[PDB]
> 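I'm staring at raltegravir bound to Mariner Mos1 transposase and have questions.
Following the PDB entry, chain A shows residues 121-163, 189-345, kept in their order. We use all heavy atoms of the structure for the numbers below, so side chains are in, but hydrogens, waters and symmetry mates are not. Whatever order the structure lists them in is the order used to number ligands and atoms, beginning at 1.
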Amino acid sequence: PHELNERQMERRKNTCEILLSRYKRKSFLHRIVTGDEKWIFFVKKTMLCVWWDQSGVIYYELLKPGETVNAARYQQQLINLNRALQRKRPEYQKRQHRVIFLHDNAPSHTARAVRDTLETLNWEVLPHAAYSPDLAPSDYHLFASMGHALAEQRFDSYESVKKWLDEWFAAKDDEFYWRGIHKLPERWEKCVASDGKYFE
Ligand SMILES: Cc1nnc(C(=O)NC(C)(C)c2nc(C(=O)NCc3ccc(F)cc3)c(O)c(=O)n2C)o1
Ligand SMILES: [Mn+2]
Ligand SMILES: [Mn+2]
(Lines of atoms letter the chains of each structure in order from A and count residues from 1; the text may use other names and numbers.)
(Lines give C-alpha, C1' and ligand atoms only; values in the text may rest on other atoms or scores of the structure.)
(Ligands and ions follow the chains in the order given, each with its own letter.)
Protein backbone atom coordinates (compact mmCIF):
# COMPACT_ATOMS: atom_id res chain seq x y z
CA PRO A 1 0.00 0.00 0.00
CA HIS A 2 2.59 2.39 1.37
CA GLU A 3 5.87 3.78 0.06
CA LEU A 4 8.50 2.63 2.50
CA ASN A 5 11.27 4.99 3.40
CA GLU A 6 14.89 4.06 4.23
CA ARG A 7 14.38 3.90 8.02
CA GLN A 8 11.37 1.64 7.43
CA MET A 9 13.14 -0.78 5.09
CA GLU A 10 16.14 -0.93 7.40
CA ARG A 11 13.99 -1.81 10.37
CA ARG A 12 12.10 -4.48 8.36
CA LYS A 13 15.28 -6.04 7.10
CA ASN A 14 16.97 -5.96 10.53
CA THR A 15 13.93 -7.42 12.30
CA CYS A 16 13.63 -10.20 9.79
CA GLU A 17 17.38 -11.07 10.06
CA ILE A 18 17.05 -11.37 13.85
CA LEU A 19 13.90 -13.54 13.71
CA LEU A 20 15.32 -15.73 10.97
CA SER A 21 18.63 -16.34 12.62
CA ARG A 22 16.83 -17.25 15.86
CA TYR A 23 14.54 -19.58 13.90
CA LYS A 24 17.44 -21.46 12.31
CA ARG A 25 19.11 -21.98 15.67
CA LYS A 26 15.91 -23.22 17.38
CA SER A 27 12.42 -23.06 15.86
CA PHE A 28 9.96 -21.27 18.18
CA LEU A 29 6.92 -21.05 15.90
CA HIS A 30 4.83 -23.40 17.98
CA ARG A 31 5.02 -21.03 20.93
CA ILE A 32 3.78 -17.94 19.10
CA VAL A 33 0.47 -16.37 20.01
CA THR A 34 -0.42 -13.52 17.72
CA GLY A 35 -3.29 -11.07 17.25
CA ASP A 36 -4.58 -7.85 15.78
CA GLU A 37 -7.67 -5.62 15.39
CA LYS A 38 -9.85 -5.16 12.30
CA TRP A 39 -13.06 -3.26 11.64
CA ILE A 40 -16.14 -5.24 10.54
CA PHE A 41 -18.98 -3.16 9.00
CA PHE A 42 -22.75 -3.82 9.53
CA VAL A 43 -26.14 -2.16 8.54
CA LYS A 44 -21.89 1.32 11.59
CA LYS A 45 -18.96 -0.91 12.57
CA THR A 46 -17.51 -3.06 15.31
CA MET A 47 -13.88 -3.78 16.11
CA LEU A 48 -12.80 -7.41 16.05
CA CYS A 49 -9.82 -7.99 18.36
CA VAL A 50 -8.58 -11.59 17.96
CA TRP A 51 -5.67 -13.74 19.12
CA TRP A 52 -4.64 -17.11 17.82
CA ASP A 53 -1.92 -19.68 17.42
CA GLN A 54 -1.14 -22.63 15.20
CA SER A 55 -4.05 -24.59 16.76
CA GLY A 56 -6.80 -21.98 16.23
CA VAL A 57 -8.38 -18.89 17.73
CA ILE A 58 -7.67 -18.65 21.47
CA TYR A 59 -9.81 -15.61 22.28
CA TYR A 60 -11.56 -12.70 20.61
CA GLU A 61 -13.70 -9.69 21.43
CA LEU A 62 -16.05 -7.81 19.23
CA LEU A 63 -16.33 -4.34 20.69
CA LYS A 64 -19.53 -2.31 20.85
CA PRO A 65 -20.21 -0.31 17.72
CA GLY A 66 -17.93 2.67 17.35
CA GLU A 67 -15.76 1.59 20.46
CA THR A 68 -11.99 1.76 20.05
CA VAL A 69 -9.06 -0.03 21.82
CA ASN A 70 -7.35 2.35 24.28
CA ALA A 71 -4.56 1.55 26.69
CA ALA A 72 -6.89 0.43 29.48
CA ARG A 73 -8.93 -1.75 27.18
CA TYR A 74 -5.89 -3.52 25.71
CA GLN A 75 -4.51 -4.23 29.20
CA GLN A 76 -7.75 -5.93 30.16
CA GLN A 77 -7.82 -7.83 26.88
CA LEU A 78 -4.36 -9.25 27.54
CA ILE A 79 -5.51 -10.36 31.00
CA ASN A 80 -8.58 -11.98 29.58
CA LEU A 81 -6.53 -13.58 26.78
CA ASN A 82 -4.26 -15.15 29.41
CA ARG A 83 -7.31 -16.69 31.20
CA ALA A 84 -8.49 -18.17 27.85
CA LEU A 85 -4.99 -19.43 27.13
CA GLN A 86 -4.89 -21.33 30.49
CA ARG A 87 -8.20 -22.98 29.70
CA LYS A 88 -7.50 -23.84 26.02
CA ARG A 89 -3.74 -24.51 25.91
CA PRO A 90 -2.37 -26.91 28.62
CA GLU A 91 1.14 -26.64 27.56
CA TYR A 92 0.89 -23.08 29.01
CA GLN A 93 -1.17 -23.79 32.20
CA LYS A 94 1.54 -26.14 33.28
CA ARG A 95 4.17 -23.50 32.51
CA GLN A 96 6.00 -26.13 30.63
CA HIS A 97 6.29 -23.28 28.13
CA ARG A 98 6.65 -19.62 27.72
CA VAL A 99 4.36 -17.68 25.38
CA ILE A 100 5.95 -15.75 22.52
CA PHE A 101 3.68 -12.85 21.67
CA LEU A 102 3.51 -11.19 18.27
CA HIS A 103 1.51 -8.00 17.95
CA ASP A 104 2.03 -4.78 16.15
CA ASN A 105 3.17 -1.61 17.75
CA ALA A 106 -0.04 0.43 17.75
CA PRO A 107 0.27 2.99 20.62
CA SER A 108 -2.15 1.06 22.89
CA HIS A 109 0.06 -2.03 22.45
CA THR A 110 3.12 -0.26 23.80
CA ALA A 111 1.73 2.10 26.50
CA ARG A 112 3.33 1.95 29.94
CA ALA A 113 0.50 0.01 31.65
CA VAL A 114 0.44 -2.55 28.81
CA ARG A 115 4.25 -2.98 28.87
CA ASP A 116 3.91 -3.63 32.63
CA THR A 117 1.17 -6.20 32.13
CA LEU A 118 3.22 -8.00 29.49
CA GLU A 119 6.26 -7.99 31.87
CA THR A 120 4.09 -9.48 34.59
CA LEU A 121 2.59 -12.11 32.32
CA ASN A 122 6.23 -12.60 31.27
CA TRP A 123 5.50 -13.32 27.69
CA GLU A 124 8.36 -12.85 25.24
CA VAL A 125 7.39 -9.95 22.93
CA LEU A 126 8.75 -10.34 19.41
CA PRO A 127 9.97 -7.34 17.47
CA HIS A 128 7.71 -6.06 14.77
CA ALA A 129 8.34 -3.29 12.20
CA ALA A 130 6.03 -0.50 11.26
CA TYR A 131 4.03 -0.86 8.06
CA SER A 132 4.54 -4.63 7.98
CA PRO A 133 1.16 -6.43 7.68
CA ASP A 134 3.05 -8.75 5.30
CA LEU A 135 4.97 -9.95 8.39
CA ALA A 136 1.85 -10.15 10.68
CA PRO A 137 0.01 -13.50 10.39
CA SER A 138 -3.29 -11.90 11.35
CA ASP A 139 -3.02 -9.65 8.30
CA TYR A 140 -1.44 -11.81 5.60
CA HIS A 141 -3.25 -15.00 6.58
CA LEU A 142 -6.28 -14.64 8.87
CA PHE A 143 -7.82 -11.35 7.78
CA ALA A 144 -6.76 -11.89 4.12
CA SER A 145 -9.01 -15.06 4.08
CA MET A 146 -11.73 -13.34 6.18
CA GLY A 147 -11.95 -10.25 4.00
CA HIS A 148 -12.96 -12.27 0.97
CA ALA A 149 -15.65 -14.10 2.94
CA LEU A 150 -16.92 -10.82 4.47
CA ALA A 151 -17.40 -9.10 1.14
CA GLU A 152 -20.63 -11.14 0.49
CA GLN A 153 -22.16 -10.35 3.96
CA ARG A 154 -24.52 -7.57 4.91
CA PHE A 155 -24.93 -7.96 8.62
CA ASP A 156 -28.09 -6.83 10.30
CA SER A 157 -26.72 -6.57 13.83
CA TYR A 158 -23.77 -7.01 16.15
CA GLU A 159 -25.18 -10.48 16.89
CA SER A 160 -25.07 -11.54 13.29
CA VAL A 161 -21.36 -10.55 13.12
CA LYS A 162 -20.55 -12.62 16.24
CA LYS A 163 -22.43 -15.65 14.94
CA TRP A 164 -20.75 -15.41 11.61
CA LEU A 165 -17.29 -15.18 13.22
CA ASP A 166 -17.89 -18.14 15.52
CA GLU A 167 -18.95 -20.20 12.55
CA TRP A 168 -16.19 -19.01 10.30
CA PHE A 169 -13.35 -19.56 12.76
CA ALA A 170 -14.61 -22.99 13.63
CA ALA A 171 -15.02 -24.13 10.03
CA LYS A 172 -11.31 -23.63 9.32
CA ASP A 173 -9.28 -26.84 9.74
CA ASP A 174 -6.38 -26.94 12.23
CA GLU A 175 -4.15 -27.03 9.13
CA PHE A 176 -5.29 -23.47 8.15
CA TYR A 177 -4.04 -21.98 11.40
CA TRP A 178 -0.84 -24.01 11.41
CA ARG A 179 0.01 -22.86 7.80
CA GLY A 180 -0.55 -19.27 8.68
CA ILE A 181 1.99 -19.34 11.49
CA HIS A 182 4.48 -21.60 9.74
CA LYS A 183 4.52 -19.22 6.71
CA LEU A 184 6.63 -16.84 8.87
CA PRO A 185 10.14 -18.06 7.93
CA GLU A 186 9.50 -17.85 4.21
CA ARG A 187 8.26 -14.32 4.61
CA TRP A 188 11.22 -13.32 6.84
CA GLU A 189 13.51 -14.74 4.06
CA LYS A 190 11.76 -12.81 1.35
CA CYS A 191 11.99 -9.63 3.32
CA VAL A 192 15.75 -10.07 3.91
CA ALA A 193 16.20 -10.84 0.17
CA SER A 194 14.23 -7.62 -0.74
CA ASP A 195 16.50 -5.66 1.70
CA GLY A 196 13.37 -4.65 3.55
CA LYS A 197 11.10 -3.70 0.65
CA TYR A 198 7.68 -5.28 0.19
CA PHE A 199 7.76 -8.47 -1.81
CA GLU A 200 5.59 -10.82 -3.78
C1 LIG B 1 3.65 1.96 11.80
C2 LIG B 1 2.41 2.38 11.10
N3 LIG B 1 1.65 3.48 10.92
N4 LIG B 1 0.60 3.08 10.07
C5 LIG B 1 0.87 1.77 9.81
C6 LIG B 1 0.22 0.72 9.00
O7 LIG B 1 0.83 -0.37 8.83
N8 LIG B 1 -1.01 1.11 8.57
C9 LIG B 1 -1.86 0.43 7.68
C10 LIG B 1 -3.25 0.97 7.59
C11 LIG B 1 -1.21 -0.33 6.55
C12 LIG B 1 -2.19 -0.77 8.72
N13 LIG B 1 -2.02 -0.52 10.06
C14 LIG B 1 -2.33 -1.40 11.06
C15 LIG B 1 -2.13 -0.88 12.38
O16 LIG B 1 -2.41 -1.56 13.34
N17 LIG B 1 -1.82 0.43 12.36
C18 LIG B 1 -1.67 1.18 13.64
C19 LIG B 1 -0.23 1.48 13.88
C20 LIG B 1 0.29 2.76 13.72
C21 LIG B 1 1.63 3.00 13.95
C22 LIG B 1 2.49 1.99 14.33
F23 LIG B 1 3.81 2.20 14.53
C24 LIG B 1 2.00 0.70 14.44
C25 LIG B 1 0.64 0.45 14.25
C26 LIG B 1 -2.77 -2.75 10.77
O27 LIG B 1 -3.06 -3.76 11.58
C28 LIG B 1 -2.97 -3.06 9.34
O29 LIG B 1 -3.46 -4.18 8.90
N30 LIG B 1 -2.71 -2.08 8.40
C31 LIG B 1 -3.01 -2.72 7.06
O32 LIG B 1 2.00 1.31 10.41
MN1 LIG C 1 -3.06 -3.58 13.73
MN1 LIG D 1 -3.93 -5.48 10.68
> Just need the ligand numbers or chain letters for raltegravir, all copies if there are several.
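It's found at ligand 1.
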> Among all protein heavy atoms in this structure, tell me which lies nearest to atom 1 (C) of raltegravir (ligand 1), with the distance rounded to 0.1 Å.
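Sorting protein heavy atoms by distance from atom 1 (C) of raltegravir (ligand 1) puts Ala275 CB, 2.9 Å first.
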> Which of the numbered atoms in raltegravir (ligand 1) are under 4.0 angstrom from any heavy atom belonging to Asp249?
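In order of number, 15 (C), 16 (O), 27 (O).
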> Return the residue, atom name and 0.1 Å-rounded distance of the protein heavy atom closest to atom 5 (C) of raltegravir (ligand 1).
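Minimum-distance protein heavy atom for atom 5 (C) of raltegravir (ligand 1) reads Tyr276 CE2, 3.5 Å.
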> Look up atom 25 (C) of raltegravir (ligand 1) and tell me if a protein heavy atom lies less than 4.0 Å from it?
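For atom 25 (C) of raltegravir (ligand 1) the answer is yes, since some protein heavy atom falls inside 4.0 Å.
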> Considering only the protein, which heavy-atom contact is closest to atom 19 (C) of raltegravir (ligand 1), and what is its distance?
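Scanning the protein heavy atoms, the shortest distance from atom 19 (C) of raltegravir (ligand 1) goes to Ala251 CA, 4.0 Å.
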> Strictly less than 4.0 Å: does any protein heavy-atom distance to atom 7 (O) of raltegravir (ligand 1) fall in that range?
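Yes, there is one.
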> My question is simple, although I want it checked carefully: is atom 11 (C) of raltegravir (ligand 1) less than 4.0 angstrom from any protein heavy atom?
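Looking at atom 11 (C) of raltegravir (ligand 1), one finds that no protein heavy atom lies closer than 4.0 Å.
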> Counting from 1, what raltegravir (ligand 1) atoms have a heavy atom of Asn250 closer than 4.0 Å?
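Going through raltegravir (ligand 1) atom by atom, the ones under 4.0 Å from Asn250 are 22 (C), 23 (F), 24 (C), 25 (C).
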> How does raltegravir (ligand 1) relate to the UniProt Mg(2+) site of chain A: which of those residues have a heavy atom under 4.0 Å from it?
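Applying the heavy-atom cut-off to the UniProt set, I get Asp156, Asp249, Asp284.
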> Using a strict cut-off of 4.0 Å, indicate which atoms of raltegravir (ligand 1) neighbour a heavy atom of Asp284.
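Listed by number with element: 27 (O), 28 (C), 29 (O).
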> Help me out - which other ligands and ions lie under 4.0 Å from raltegravir (ligand 1)?
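Result: ligand 2 (manganese (II) ion), ligand 3 (manganese (II) ion).
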> Does the protein put a heavy atom less than 4.0 Å from atom 17 (N) of raltegravir (ligand 1)?
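False for atom 17 (N) of raltegravir (ligand 1).
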> When you look for heavy atoms under 4.0 Å from raltegravir (ligand 1), do you find them on the side chain of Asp156, its backbone, both, or neither?
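Only the side chain of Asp156 comes within reach of raltegravir (ligand 1).
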> Which residue supplies the protein heavy atom nearest to atom 30 (N) of raltegravir (ligand 1), what is that atom called, and how far is it?
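So the nearest neighbour among protein heavy atoms is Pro278 CB, 4.7 Å.
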> Taking both backbone and side-chain atoms of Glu157, is any N or O found less than 3.5 Å from an N or O belonging to raltegravir (ligand 1)?
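Between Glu157 and raltegravir (ligand 1), no N or O pair is found under 3.5 Å apart.
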> Which residues would you count as binding raltegravir (ligand 1), with heavy atoms within 4.0 Å?
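At that heavy-atom cut-off, the residues are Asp156, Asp249, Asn250, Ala251, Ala275, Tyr276, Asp284.
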